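Quick look at a structure containing Taxol.
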Amino acid sequence: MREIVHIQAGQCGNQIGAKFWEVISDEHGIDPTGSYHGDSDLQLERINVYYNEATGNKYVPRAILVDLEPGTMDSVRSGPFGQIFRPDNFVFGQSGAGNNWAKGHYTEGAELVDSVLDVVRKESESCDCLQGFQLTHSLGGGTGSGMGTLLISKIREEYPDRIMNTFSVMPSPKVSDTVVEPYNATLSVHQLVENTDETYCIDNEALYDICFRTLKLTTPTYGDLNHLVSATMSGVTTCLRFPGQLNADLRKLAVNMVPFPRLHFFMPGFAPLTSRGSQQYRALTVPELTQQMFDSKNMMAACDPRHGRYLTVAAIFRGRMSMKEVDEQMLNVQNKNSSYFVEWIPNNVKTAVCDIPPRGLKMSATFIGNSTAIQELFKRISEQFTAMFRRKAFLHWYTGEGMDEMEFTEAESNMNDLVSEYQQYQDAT
Amino acid sequence: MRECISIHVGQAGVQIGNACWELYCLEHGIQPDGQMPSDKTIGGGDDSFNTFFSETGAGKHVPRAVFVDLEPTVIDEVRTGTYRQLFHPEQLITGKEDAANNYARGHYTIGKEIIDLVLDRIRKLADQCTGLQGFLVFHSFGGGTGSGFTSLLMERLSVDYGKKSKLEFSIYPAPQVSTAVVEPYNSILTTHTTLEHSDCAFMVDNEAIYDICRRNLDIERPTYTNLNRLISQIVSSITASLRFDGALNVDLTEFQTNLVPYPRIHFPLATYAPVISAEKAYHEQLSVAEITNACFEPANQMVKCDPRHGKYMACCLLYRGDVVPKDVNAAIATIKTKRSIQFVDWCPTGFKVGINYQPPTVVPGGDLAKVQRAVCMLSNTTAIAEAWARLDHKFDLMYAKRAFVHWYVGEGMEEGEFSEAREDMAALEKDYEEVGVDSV
Amino acid sequence: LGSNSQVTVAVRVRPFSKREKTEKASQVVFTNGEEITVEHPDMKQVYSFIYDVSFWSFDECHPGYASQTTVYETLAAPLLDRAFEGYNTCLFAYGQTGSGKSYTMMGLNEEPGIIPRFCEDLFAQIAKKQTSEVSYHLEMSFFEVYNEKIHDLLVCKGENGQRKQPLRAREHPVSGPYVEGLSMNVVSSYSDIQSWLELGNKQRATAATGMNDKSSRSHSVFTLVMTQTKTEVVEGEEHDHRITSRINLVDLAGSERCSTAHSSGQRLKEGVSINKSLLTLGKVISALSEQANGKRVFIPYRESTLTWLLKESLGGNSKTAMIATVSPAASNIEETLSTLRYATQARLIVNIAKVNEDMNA
Ligand SMILES: CC(=O)O[C@H]1C(=O)[C@@]2(C)[C@H]([C@H](OC(=O)c3ccccc3)[C@]3(O)C[C@H](OC(=O)[C@H](O)[C@@H](NC(=O)c4ccccc4)c4ccccc4)C(C)=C1C3(C)C)[C@]1(OC(C)=O)CO[C@@H]1C[C@@H]2O
Ligand SMILES: Nc1nc2c(ncn2[C@@H]2O[C@H](COP(=O)(O)OP(=O)(O)OP(=O)(O)O)[C@@H](O)[C@H]2O)c(=O)[nH]1
Ligand SMILES: Nc1nc2c(ncn2[C@@H]2O[C@H](COP(=O)(O)OP(=O)(O)O)[C@@H](O)[C@H]2O)c(=O)[nH]1
Ligand SMILES: Nc1ncnc2c1ncn2[C@@H]1O[C@H](COP(=O)(O)OP(=O)(O)O)[C@@H](O)[C@H]1O
Ligand SMILES: [Mg+2]
Ligand SMILES: [Mg+2]
């Protein structure tokens, strides 16, 4: 069957992974110790999309962590859902990259990528078939960006015909999660545009605004941001793990959302989000979801879609529902806001449906969107890059660890060319 | 013992097949367990007819259906549902590597690993035949399996068998509604490949059936169960004369004749008029003069193409129930005297007829009503060209920037093939234009 | 950003093949002079195409028989002349498997193409200018693309079951893209150039297919960097002026319909890899043709490595020739039409070739 191989490169990847496991398990019924404790049968049928069997109806996860520092691994081990992992998949080191891509792609990562790829081989060759990988990393660092990009490169050199989907976090515009962001982000985009099949863009400010505006949370921890991110990671694979009327694997979304290869950077979204008090006043029907999904607030990409045009959009629903409603609603959404879509893609929407909904919502959904509004996110990075490269503000720490000055100009040119590729269609022809 | 072989390819095919075999089972009394309490109850009988079903010494009647697919999310609902003790376990699921909604994967790369098994199964279901009559594919344009696997299968079956009917059902893509943004490519390609090998292709369109279910049965929130039940009633109406006693019986070789004039123009449209709930089951007489005049209404077709934008070219009307052959002739006559229904000057007849005595069944907890008589009309008309042109225009808007072509190329497809399919499908539009110019 | 220029295009028909004679194939191509015409066998429609140059090799007896010693003096000689004038030059092929695009450039041992004649005219024309005022220097390179991976052709592999060193590309800020680890060897006499080309032809990947028994399943590029140091008016030491030039000769591969030319395994994979490379270059030509019409258009070179290492040749600073090899077969009719279509779409490209000299004084 189809089998996803998870990887967690860095602190953000590890936290999102833990929350996602703590999301998929309560969906399939697995407990922290590894045993099955459920009510239905459709859970154990397609459990091999993420899990493996050990001995006694125990179910261990197919997660492969990596982190140059030792703290996050111990945090994930001593946590609630830590006794279920495979301890030999913990592949860490010491002396972290130090917010330096150079110290996470050439010098330190070169010593441990071999071990991580050994675990990847061991876990993949066990599988009957293979549908792709699923990484989680955060631009703005050296472990995540560097190590994950190197791993994507080596996998796509080894296993090319599969999907190296990754739910990358991008840096926020206003606040700076780290000082030297544009170098690492531009280099990661240089090493991702040409070595991927799909990719998702998450931003922290959009999630803060989602937490403050819809969910009405005044003190959101990182766990809430992550709990708002594992949702769509479930929604993507809901049509593999569960049955439905209209199925859609990752490859179907890839064929239908990436018209040209480089333009695979997307905007995710969840549908039914509301406060613990304003849930008894809202109607849990389909058009409320469809207008809560296309709004410029739910999108985690920190880029308003109204400033561009949706090249493609994809909607994975989960619930007992009527397909007439979904199809007619997408048609009228295309007809109303026609200027925010294209004309040379006649139908610019993909639908997909499951039948086994989430743990407590009778009707859930998930949204993906390729729009030209994401060129702003890279325009910003390139402007910062020029401002900090025109007189070499922080560059000497990258050269000393084995790099040169030409890779930077290469990454800048590629990012700008991609911005131009999106801007060619941002303008009505 | 004359036999027809059903083949179902994809999610839509399997769902229509489930809805079809539910209807067959509730008709003959043959049950999910394969056992029929009709031969061993009164003292004899042939109720489970061996044209679509089979027989085993233990009373188990295994049907004649492969239910092909390349994703186990669908067939496992059969294998772990109600109708698991009925079919043959050789359902030919792959379990691996869905086509991802391209034609090149389900014709070159993943299809070739699976087609030989399906052909062997068809041969094994056709060697115990003392002379079959034809095949029936249930494929869906707007996919990888329905577009590519059907092409490969009708290409291989035009080599081994050859002189046998290879009819098909097809979910025609709606012009506005669609659940895929890569469907026109596959549609034109399949119409390039499933043209010189097939005989007739009955088309349907989910939008028109949504509209009629809204307008007549008063459902505002329909799902594909109710759609597939209508299509199941249609495929029962077109497969009853072999399966039941009648007066003016139609065989499967008679669709190729009275409906496919030219060897390429074989894209007709189905219609089933008495779609009325139990509430409207009363207040209506439901005679032939009402039915046959409803089947020709533009707002009761199954494709979203207005018949008034073109001339009718052929029609096959197949009835069920208490039909006395004078209301049928009178209905055809008063339909001929109308100025809207416009025929061409080389087919004045255009009114094939078929009658049968067994009324239609009804599924419990369903949507339709118990009507003593039913009708199913299949029309070959010249309006379809417009719809084709729409898809063709889409092909010209998306191919002119080489969109999505790497995906089809990555599975070995050769862009020249796309241009060839385009030029082939344009000549068919020119043919639909030729068959409207009246004789000099 | 100097002088304007236009892309040269030339067409070449091959004679019948064995597979075509066995199948009783007709002649669906004819010349009305300098033009080209195609008649579909069913007699439903005609097409005509006009180019700057046309050739003919259907039979040795017709008039206007353009042979190997003719296509050179019609197409390649201007490239060498403009190279001596300073400009850069490219000549690249296009066509279908079996069309004759590794016969017009490389040739046979008794029917040389452009490559074994270009670098001979070079030396026949340099001997007339071997005086002490202009001193020449020539470096060569010969590289290959296979399964979207770069490889070097003139390198002695170590003894092992698999030794084909993968290499990488890199973008230079000023000049343009280029290859790393490139064996930019030196050449002084034809006796070395012929030997290097022999080693290359041996190392280039080959296999048998239905449409060609000796099919080349890789994209080959042959680069010559020429530099002439010259003396001019100066206040001190002489020999300070320098004129540089690059000469690229590019042999591409064919679409290779995987059904007719039946094959499975590695051959199918490199054929689809070859297909993707051919699929981006048509997009690039369609995007560069729309530059002259006045529309804003993106020119994607990065979707394939061949276009990535040939940005300077399509656009950039290089006078470029396109040799389109076609077939007269009636079965291979749509692919020939596609080749001619891309040719007439490639004529409209306008590039800016500038004399490139660094005084260094
Ligand atoms: C009656 C009812 O509606 O209870 C809801 C509820 O009130 C709300 C607040 C739930 C609640 O969601 C949150 O509290 C929340 C907090 C921060 C960030 C994001 C969410 C809920 O926690 C979420 C939870 O839903 C789930 O459990 C889903 O399965 C969700 N599960 C988890 O993520 C999860 C994580 C850790 C442990 C257990 C479950 C999920 C979503 C997608 C895919 C898989 C699982 C349920 C029923 C509710 C509560 C509990 C209040 C909502 O959940 C989601 C993911 O949308 C928020 O909006 C929906 C519906 C309601 O607004
Ligand atoms: N009538 C009807 N049509 C359906 C049904 N389910 C899906 N479809 C149609 O199927 C099309 C896309 O799915 P398919 O073409 O069937 O895809 P497939 O044949 O399952 O092949 P895959 O790509 O592997 O999914 C859509 O355009 C739908 O209109 C159904 O239950 N009934
Ligand atoms: N969105 C999100 N971001 C996080 C989370 N946890 C940490 N981060 C951010 O991730 C950024 C990068 O950290 P990281 O690259 O892992 O540090 P490293 O270990 O030195 O490589 C930090 O600046 C944090 O602010 C999380 O749960 N969600
Ligand atoms: N002008 C020509 N005259 C005679 N034979 C030719 C001519 N052009 C090509 N051929 C024949 O065609 C073949 C060359 O095709 P080729 O270019 O090698 O295919 P590909 O480029 O697809 O590898 C050779 O076998 C050669 O004999
Ligand atoms: Mg499917
Ligand atoms: Mg060749």
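Convention: sequence-line order gives letters A, B, ...; per-chain numbering from 1. Structure determined by electron microscopy, 3.5 Å. Indexing begins at 1, ligand by ligand and atom by atom, following the structure's order.
- Within the model, the positions assigned to Taxol, copies included, correspond to ligand 1.
- Looking only at contacts, the largest set of contacts to Taxol comes from what the PDB entry names Tubulin beta-2B chain.
- Counting only heavy atoms under 4.0 Å, the other chains near Taxol are A.
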